[PDB]
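Presented below is an entry in which one can find zardaverine.
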Amino acid sequence: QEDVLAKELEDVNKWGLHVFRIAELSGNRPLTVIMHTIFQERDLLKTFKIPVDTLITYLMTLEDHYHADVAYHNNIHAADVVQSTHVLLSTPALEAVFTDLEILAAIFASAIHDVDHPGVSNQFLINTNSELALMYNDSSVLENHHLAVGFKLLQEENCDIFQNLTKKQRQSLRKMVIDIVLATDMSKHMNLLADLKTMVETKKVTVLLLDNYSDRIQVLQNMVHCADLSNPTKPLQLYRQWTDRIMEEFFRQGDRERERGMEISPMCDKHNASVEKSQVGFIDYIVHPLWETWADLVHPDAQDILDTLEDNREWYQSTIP
Ligand SMILES: COc1cc(-c2ccc(=O)[nH]n2)ccc1OC(F)F
Ligand SMILES: [Mg+2]
Ligand SMILES: [Zn+2]
């Protein structure tokens, strides 16, 4: 079983990694094994003097804080976003652009980005006067919580993977990680995309040139956002599983809403839903606009990813008539 897991992990640098198989083969530790593999591949343990034992302890702790009974926002999704970010960071157009600390920040942010997700939306939490919404004043409720949990877990015994970073490095990494995870809130999507489009329109090359923090962090924010919304760009067998899972989560939220006498949220009513129309809409209005813009920024590095997205959109559309 360990040999088969090692075999599947050889594809860690590729789009379309068999993440569900890795989840099974690793004994439900996809986040831990994919993160460890990526840290080894990028030589991050040596660069930042992270003891291996500390890395594994933190990762297992973090993974334990993803809910086992949430169909989508679980440890498999976190592992998938981590691995997808790892591939996007390796894009030829961004070679030598980011510092090791920025790379570490983007990967760590991806790992913690949905930790302790309850399987319901920010709007549900706000509408139900939840403890989370009250704590966070209805603003990026989940995303603020994911950050707080991800950082708080570093304080557990033998969990501080940044123990050997300088104070300045820790301060910088913390700010970057916060900026990245807060950008995964879908309420920020339109502004994030508008800014990415502006970057493509004012693009300078030499490989991409990004001289200041605002531009670098903006690219990392959009990169992790793309990774988060990467399901429709993956091979169809993976994409369909992700669709099954998000719909299960949405339907369970709708069941909760119906029990409370609330109006059922879009796509959450199992009795009045069109899974296929919803995916075509998701791609047409959100995923394709974002990915086409990313592809333009790194043209032509992401052409195969964009082609897959377009093929998958056509497939889902073809099932409707
Ligand atoms: C896989 O499709 C979807 C995925 C998400 C999704 C992506 C990342 C994330 O963290 N949460 N939700 C949200 C909606 C989706 O589908 C559509 F119906 F809107
Ligand atoms: Mg999220
Ligand atoms: Zn996510």
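To match the PDB entry, the residue numbers of chain A are left as they are there, and the shown ones run 88-293, 297-411. Scope of the values below: all heavy atoms of this structure, side chains included, with no hydrogens, waters or symmetry mates. Whatever order the structure lists them in is the order used to number ligands and atoms, beginning at 1.
The ligands or chains that make up zardaverine in this structure: ligand 1. In this PDB structure, UniProt names the chief binding partner of zardaverine as 3',5'-cyclic-AMP phosphodiesterase 4D. Taking the UniProt Mg(2+)-binding residues of chain A and keeping those with a non-hydrogen atom under 4.0 Å from zardaverine leaves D201.
Lab note: nearest UniProt active-site residue of chain A to zardaverine, heavy atoms, 1 Å precision, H160, 3 Å. Counting only heavy atoms of the protein, atom 3 (C) of zardaverine lies nearest to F372 CE2, 3.4 Å. At a 4.0 Å cut-off, at least one heavy atom of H164 sits close enough to zardaverine to count as contact. Here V168 has no heavy atoms under 4.0 Å from zardaverine, in either its backbone or its side chain.
The option from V365, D334, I336 that lies nearest to atom 13 (C) of zardaverine, judged by heavy atoms, is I336. In terms of UniProt domains, the contact of chain A with zardaverine runs mainly through PDEase. When chain A is restricted to the residues UniProt lists for Mn(2+) binding, the ones with a heavy atom within 4.0 Å of zardaverine turn out to be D201. In terms of protein heavy-atom proximity, atom 16 (O) of zardaverine is nearest to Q369 NE2, 2.9 Å. Taking atom 7 (C) of zardaverine as the reference point, the nearest protein heavy-atom neighbour is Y159 OH, 3.2 Å. Atoms of zardaverine found under 4.0 Å from any heavy atom of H160 (numbered from 1 in listed order, with element): 9 (C), 10 (O), 11 (N), 12 (N).
Taking 4.0 Å as the limit, the other ligands and ions near zardaverine are ligand 2 (magnesium ion), ligand 3 (zinc ion). The protein atom (non-hydrogen) at minimum distance from atom 14 (C) of zardaverine is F340 CZ, 3.7 Å. With a non-hydrogen cut-off of 4.0 Å, the residues around zardaverine amount to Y159, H160, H164, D201, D318, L319, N321, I336, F340, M357, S368, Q369, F372.
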